[PDB]
Engineer: 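A single structure is presented below for examination.
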Amino acid sequence: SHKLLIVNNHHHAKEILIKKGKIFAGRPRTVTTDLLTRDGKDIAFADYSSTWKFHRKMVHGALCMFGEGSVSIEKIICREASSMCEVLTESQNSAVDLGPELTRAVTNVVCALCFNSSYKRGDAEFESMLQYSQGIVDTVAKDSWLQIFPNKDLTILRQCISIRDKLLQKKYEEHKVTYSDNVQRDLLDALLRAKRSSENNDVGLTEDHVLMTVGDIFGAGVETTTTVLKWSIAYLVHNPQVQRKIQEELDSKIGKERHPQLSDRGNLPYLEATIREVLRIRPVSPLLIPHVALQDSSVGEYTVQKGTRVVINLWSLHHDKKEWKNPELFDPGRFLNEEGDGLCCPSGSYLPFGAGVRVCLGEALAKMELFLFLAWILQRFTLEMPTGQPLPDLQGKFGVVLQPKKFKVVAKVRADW
Ligand code: HEM
Ligand SMILES: C[C@]12CC[C@H](O)CC1=CC[C@@H]1[C@@H]2CC[C@]2(C)C(c3cccnc3)=CC[C@@H]12
């Protein structure tokens, strides 16, 4: 038996996430989340703590400084987009599912970021990892509620968890044998280094904490960013006028003798607006992760007892007709100033990455990927539907992230390229 509070109001939501971030920083325990995270030794389901804080810090620095030398995540993202556009080119004018090829690209980013590797098309590990994440995402479809069906199976959930565990366990053991105090190749070395240094001396740096942390970054990095691109492909296809505004922005502000760079960000607010609006309209986590009162508090008038679960309904925040004119329409211009000069936050109701204390750890990285990937593609391609075939159903099932139904697009090369 457990008590629960669903928040449809943004003022309240910011009283939880921010004003009283720490009081509502607890996470909930479920048989499934416990398998996933080893009883909460990861970050995303780890109660607020010096460990939680510390690992969250490791990941921010690892990302800052991966590295190396002079070589940033930017290079790797650009590399992965270049390969995408080469795929789109041979796979060209034909109808084609961008799903799997997009997923690998996003994966090589975070695979680089965590383990200093990449996957090749067809790779057997990568394949295995698509598969097992399938089962995992599918069976964390549980309020961790329209229950009732004989369940479950968490015989298969466990099956996947282990395949994952062996994947990580191999990368862990590999990194050790080649580990060098001078260099730090990735988030794993970063933590291995941390771990050794704890031997020289109550922040938890056991093997489980290391593995679970990297697991979180390897996991989110693929399932979240990838989904958002799939939504952008959908919405782009539905709105040729948005595609075209984006393209003519790229044409004037980057040109044609050159590819987009991250330095270009602040010269392309229409694209940034477009990204924001995808994140508004099909928010990738529509419930965020739940929050748990670590002590009795209040949420303006509502009192709230220690232990109660707390679920922001970001969907309903992002679609209140009171906060958003004509929600349910895709309009990047929500997020642009009166002229188009630059950006403009049209409401306090927008918290796609969350806010305050448990805010998305990958926010920074998600935004870089999303920008480069979409910019690189739209500069060279224009995305239509096949020959004579209805626009994509935008309905979308909710696993651990809210993701769309698959479809086939036609990337036509642009008259210049
Ligand atoms: C691409 C779009 C993404 C969105 C919209 C998003 C959104 C969010 C949201 C809503 C939360 C929960 C906020 C809360 O519970 O208060 C969160 C947590 C988290 N996100 Fe993301 N995220 C995204 C991508 C990523 C990526 C790419 C990573 C890669 C490392 C990542 C790592 C995390 C982690 C570790 C947490 C847990 C933070 C904590 O509970 O302490 N996210 N994100
Ligand atoms: C289950 C899954 C995705 C399937 C992988 O096989 C394992 C995995 C690890 C961490 C989870 C992730 C889904 C997204 C999660 C739940 C989350 C997240 C969710 C949405 C936005 N940002 C972060 C942070 C931890 C992430």
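We number each residue from 1, following the sequence as shown. Every number for a ligand or one of its atoms is a count from 1 in the order of the listing. Side chains included, hydrogens not; waters and symmetry mates left out as well; all remaining heavy atoms used.
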Engineer: Which drug name is given for ligand 2 in the PDB records?
Structural biologist: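 That's abiraterone.
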Engineer: Which chain forms the chief contact surface with abiraterone, and what is its name in the PDB entry?
Structural biologist: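 With more contacts than any other chain, that's Cyp17a1 protein.
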Engineer: Which residues, given by chain and number, make up the 4.0 Å heavy-atom shell around abiraterone?
Structural biologist: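 The heavy-atom contacts are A44, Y132, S133, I136, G215, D216, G219, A220, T224, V400.
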Engineer: State the other ligands and ions under 4.0 Å from abiraterone; answer none if there are none.
Structural biologist: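 Other ligands or ions: ligand 1 (protoporphyrin IX containing FE).
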Engineer: Quick check for my notes - source organism of chain A in the deposit?
Structural biologist: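 The deposit lists Danio rerio.
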